[PDB]
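First comes the structure, then the notes that go with it.
Sequence positions for chain A are given in the PDB entry numbering; the residues included correspond to 1-14, 16-56, 59, 61, 67-86, 88-122, 124-131, 133, in order. Just follow the structure's listing: the first ligand is 1, and inside any ligand the first atom is 1.
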Amino acid sequence: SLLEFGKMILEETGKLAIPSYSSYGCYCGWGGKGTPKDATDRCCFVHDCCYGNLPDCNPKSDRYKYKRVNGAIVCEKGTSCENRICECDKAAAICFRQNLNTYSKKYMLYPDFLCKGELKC
Ligand SMILES: CN1c2ccccc2[C@]23C[C@H]4[C@H]([C@@H]5C[C@H](O)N4[C@@H](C5)[C@H]12)[C@H]3O
Ligand SMILES: COc1ccc(C(=O)O)cc1
């Protein structure tokens, strides 16, 4: 769930989940539409897509167990859905870190109205 996703995002990137990634570009937080702004907005595009492969669970709400360990992130014996959600998030959190440089405060709190168009997963 978001409570787990947020801890992850903080743990890996050092930045707090909320202002730092909850409205970034066109796909972080909101989702919806548009051509992703940059590397970090693109992660969100994949993460959405990641949650999309699952219509059988509640990504935003179902709580899962994961632990850290000298660096990497480990998801644990859950309920398929629970496990699947964790790898989705795990990836996404890794992607943010992977691209912590292209992080631009210019896109932090990027509205919506300027986000235009289709994009198939
Ligand atoms: C409308 N809703 C949908 C309705 C029917 C099928 C798929 C979707 C969503 C789910 C998910 C994703 C982006 C980001 C956002 O989290 N959601 C929106 C747009 C779409 C997009 O795939
Ligand atoms: C992919 O990054 C996010 C960040 C915030 C939210 C949200 O606030 O719903 C969803 C996905």
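- According to the PDB, the drug located at ligand 1 is ajmaline.
- Within 4.5 Å of ajmaline, most heavy-atom pairs belong to the chain that the PDB entry identifies as Phospholipase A2 VRV-PL-VIIIa.
- The UniProt annotation of Ca(2+) binding in chain A and a heavy-atom cut-off of 4.0 Å around ajmaline together pick out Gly32, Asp49.
- Nearest UniProt active-site residue in chain A relative to ajmaline (non-hydrogen distance, 1 Å): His48, 8 Å.
- The residues lying within 4.0 Å of ajmaline, counted on heavy atoms, are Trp31, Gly32, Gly33, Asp49.
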